[PDB]
Every structure is written in C-alpha cells, then in structure tokens.
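Reading through the structure tokens given below for one structure.
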Amino acid sequence: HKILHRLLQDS
Amino acid sequence: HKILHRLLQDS
Amino acid sequence: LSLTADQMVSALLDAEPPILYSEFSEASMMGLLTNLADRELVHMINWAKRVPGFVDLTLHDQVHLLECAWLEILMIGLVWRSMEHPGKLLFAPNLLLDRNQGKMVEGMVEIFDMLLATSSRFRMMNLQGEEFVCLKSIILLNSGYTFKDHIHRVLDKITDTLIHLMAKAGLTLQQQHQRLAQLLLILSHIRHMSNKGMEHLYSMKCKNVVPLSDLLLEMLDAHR
Amino acid sequence: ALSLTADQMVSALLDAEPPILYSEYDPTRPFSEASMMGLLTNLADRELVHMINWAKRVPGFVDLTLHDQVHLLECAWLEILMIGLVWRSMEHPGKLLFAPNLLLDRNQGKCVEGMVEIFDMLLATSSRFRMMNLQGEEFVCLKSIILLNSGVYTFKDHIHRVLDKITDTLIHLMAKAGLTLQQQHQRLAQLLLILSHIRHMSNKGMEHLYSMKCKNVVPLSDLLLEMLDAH
Ligand SMILES: C[C@]12CC[C@@H]3c4ccc(O)cc4CC[C@H]3[C@@H]1CC[C@@H]2O
Ligand SMILES: C[C@]12CC[C@@H]3c4ccc(O)cc4CC[C@H]3[C@@H]1CC[C@@H]2O
Ligand SMILES: [Cl-]
C-alpha cells in the first residue's frame, strides 16, 4: 500500500 | 473577431 | 439590482434553454456528444444574454465568462436532466446513457462517474428547479478571479434569491445557511469536472478523429 | 465530536495550525527553472508532512477509514498548500510569500515555463482575500472545508454533518463580528465561491507539476510522486 497509508499511521 | 463575439450581438 | 427575488426567479425560469435531441464506437459516440454540445452552445449564448446583469457587461467580458463557464453550464444542465434517472446520463431524451457505455471512449468513464455522483447528490438534496436556475447563473458570473463590483452585486442578489427560496420552503435560519453552503460546495466539484472535461475534449481534437465545429474549437482554444 | 460548540470548533482549528516553514533559498545565485522548481517542491514536500498531522486534528477526519483519509488528502493537498500560500501573502501586495525567506513577485515566476499564469491566479486570490478582509478564524474554517469537501463527491454522510458544523461555525464568527443576517449569507456565499477558484488553480498547478516531472526539470520526493499519481 501507498506511502501515505503508512504515514497516516504514526504519531 | 471571435465567432462568439458576433453571436453575442446578432440583432 | 431592482427586481424582487420572485421576479428574479421567473426571469431565469423563462430564459431556460430547451432540451435537444440526438441523432457505438469511440468515434460515433464522440460525434453524437460533440454534435449535441455544439447545438446547445448556440442556445446557451442566448440564455446567457437573458441572465440579468450579463447584457450590461462589455462584449469582452461576456465573451470571457462564456469561455470560462460553458462546459460547467453544459454539465450542470446534464446533471439536472439526469436526476430522476439513477445510474444514467440523459444527454438527450433519445440518448440515455448508462455508466458502461462510457467505456466506449478512452478517458471518459471517470468523467461519467463524477457526473452520476453529482446527479445523485442533487437527487439526495432534492434540488428544486428554482434553485437549479440560480446555481446555473452563479456559475456563469462566478467562474470567470480571471478577467466588476457590478458582477459581485448581481452575485449577492442571486444569493438572496436562493435564501429567499429556502425561506419560503420553510427551512430554519440554520438550515438555510447549511443548504446554501451545500449547494455552493457542489459548484467547486462542477468546476473540477469541467477542468477534466476540457482536457479530455482537447485530447480528442488533437488526435483529430472526431470533427469539432468552429464554435466548439474556439472554446477549446480559449483554455490554451 | 459532532458536539463541539462553534467556539470550541474555532479553538481546535486554530490550535491545529501548522507552522510556517522556511525554504532552502540560496541568495548567492540567480534563479533557474530547475533551481526554482527545486525550492518550491522541496518546500511543498516538507509542508505535506505537517499537513498530514494537521489533517488528523481536523474534527471528524480521524474517524474516517485510512483509505478515505488517503483519498481526501490526495484530492485536497495542493488546494490546501495554495490557500495557505494565499493567506500568508495577503498583506504583501503583488507578492507571493512561499516562505519568509522566499518572497516572489510575478516577474520572478517567469523563469519557470508556464508558472506565471498560476502566479497571476494566486496573486488575484490573495488580493481578493485582502479586499474581503478575511479573518484568521474564517481562514482555518475554509481550509478544513477544502479537506473534507474536495474528495467527497469522488468516493460520506458523516463528512456532510461535519461540513454543516463548519458552516454554522462560519456563520457564528460573522454574527459575532456584527454582520447583519443578510451580510452573513452574502459573505458565506462569497467565501465558498472562492473555493471554486482555488479548485481551478489546483487543477492548473497539478498539470504544471506533472509537466515539470515529464520533462525531468526536478526530482520529486516519493510522497509528491504518489500525490501526483493519484491524479
Ligand atoms: C466534453 C465532453 C463531450 C460533451 C459532453 C456533453 C455533451 C452535451 C451536454 O449537454 C453535456 C455534456 C457534458 C459532458 C461533456 C463531455 C465531457 C468530456 C467530453 O469530451
Ligand atoms: C505545484 C507547484 C510547485 C509547488 C508550489 C507550492 C509550493 C509550496 C507551497 O507552500 C505552496 C505552493 C503552491 C503552488 C505550487 C506550485 C504550482 C505549480 C508548481 O508546479
Ligand atoms: Cl522544515
């Protein structure tokens, strides 16, 4: 999945 | 003139 | 301007263009659609002259607004015509197209989806004809920050007329403001579809397979 | 959530604002098409990272599925950068303040093929905000509307209620600025009509960036590459 999908998950 | 330009007047 | 909200509505209702008829391959369908679009542009030019305020603009500004808005206006018209036909676009009464015929042309089915999505949205909101003609006038006057106090004051008037309509339909103040926002947010999606449509239409001309008429070529040169 | 007052809604949005970032602009040398496109996209890329955090703080956004979050950001990201830019350029007549150390007039925009048109549109939107005297509270509402609205009719009722709440919040701000009831709906319409012009600029800016990429003018980050692709 997309780079963004992952980035959206960190804090 | 642009075509449009004259359709706009046209009596 | 001087007229009442209701006189504003009768004027727009009466200036409405008629619905036109049509007469597949990627060529035969682009033929039909651009033929229809061409014949409708002629009526739109006369409709625009009946949008109150518009005939007091220089012939330069009139040219410009029409060039900016023409596909947006065709699109909202089409969406409106298609409201009571879920899943279909009523380009003409004898040209009712489902989503899958959209696949008949490369690049199209995504524009088709955006149009069905909009139609559905109107259906949902249960958009009235009176609201429709206001939205359509707003598109004309608004879509050409491109190059006018007078224009912005006609725009206020149409906002007033819209609110007026919602007030008469018995909506609370809060609901009026919320419905007004909803309707105007849809115009930015219509602007978006028009942008996409201008590209696709351009990429058809360039291939030079379908033949576009002169009025139609001029519009598509104005977007450079 | 759906139960915030207008006052708390404004408070959250102001709270969530991203920082103004600096560019790596090097004033030792004149601009070229590549170096200027380089500065702008390096800036956009870093801004996008803060945008992702800001979005997660917009009421109702983190309630969406990850896929819908991705979709909304993919639809809205350039609109959001653009209105951010127009906001900070407001008290800078005829100039675009991309960063506090990157203040550009339209003549400098000339050094990138096809940039100056988009410059001209950005400058016109900025003047328009200045003439309306757009307030900060109104600006952060608009920016939230863009995020929630721009991808919504493109694949929902949840999003529509939050959008309605921002509308109420907008009306509330105007009411307490003392605008009459007519002025409230007129101003609400004017602000939202500008969003249509911001969508248009976004569409123009996206094609321009695509062409810069197709011509190998600058290297694009992987995030920026994937944003472009979504389009
Ligand atoms: C311009 C296109 C052909 C003409 C189409 C049309 C044709 C007639 C009409 O009444 C409305 C529309 C809107 C969508 C338009 C299409 C979008 C892409 C296609 O190129
Ligand atoms: C996307 C472009 C580069 C990045 C630009 C940018 C870069 C950073 C920023 O904060 C805002 C903007 C808005 C305009 C954008 C430009 C419009 C066309 C150009 O390709
Ligand atoms: Cl940084």
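Read the sequence lines top to bottom; their chains are A, B, and onward. Chain A residue numbers are taken from the PDB entry; in order, the displayed residues are 2-12. For chain B, we keep the numbers from the PDB entry: what you see runs 2-12, in order. Shown for chain C, in order and in the PDB entry numbering: 308-330, 337-457, 459-461, 472-548. Note that chain D carries the PDB entry numbering, so the residues on display, from first to last, are 307-461, 472-547. Computed over heavy atoms, backbone and side chain alike; hydrogens, waters and symmetry mates excluded. Numbering of ligands and ligand atoms starts at 1, following listing order.
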- Choosing between methaqualone, gemfibrozil, estradiol, dorzolamide, nitecapone, which one is at ligand 1? estradiol
- Which chain forms the largest contact interface with estradiol (ligand 1) when counted as heavy-atom pairs under 4.5 Å, and how does UniProt name it? Estrogen receptor
- Query: Which other chains get a heavy atom nearer than 4.0 Å to estradiol (ligand 1)?
  - Reply: C
- Which bit of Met421(C) is near estradiol (ligand 1), meaning a heavy atom under 4.0 Å away: side chain, backbone, both or neither? side chain
- Query: Can you list the UniProt 17beta-estradiol-binding residues of chain C with a heavy atom under 4.0 Å from estradiol (ligand 1)?
  - Reply: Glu353(C), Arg394(C), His524(C)
- Does some non-hydrogen atom of the protein lie less than 4.0 angstrom from atom 19 (C) of estradiol (ligand 1)? yes
- Message: Going by the closest heavy atom to atom 15 (C) of estradiol (ligand 1), which one wins out of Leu354(C), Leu346(C), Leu384(C)?
- Response: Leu384(C)
- Message: Only heavy atoms of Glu353(C), strictly under 4.0 Å: list the atoms of estradiol (ligand 1) that pass.
- Response: 8 (C), 9 (C), 10 (O)
- Item | UniProt domain of chain C holding most residues touching estradiol (ligand 1) | NR LBD
- Item | Within reach of estradiol (ligand 1), part of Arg394(C) (heavy-atom separation under 4.0 Å) | side chain
- Message: Okay, heavy atoms under 4.0 Å: who's in the binding site of estradiol (ligand 1)?
- Response: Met343(C), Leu346(C), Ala350(C), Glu353(C), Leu387(C), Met388(C), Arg394(C), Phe404(C), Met421(C), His524(C), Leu525(C)
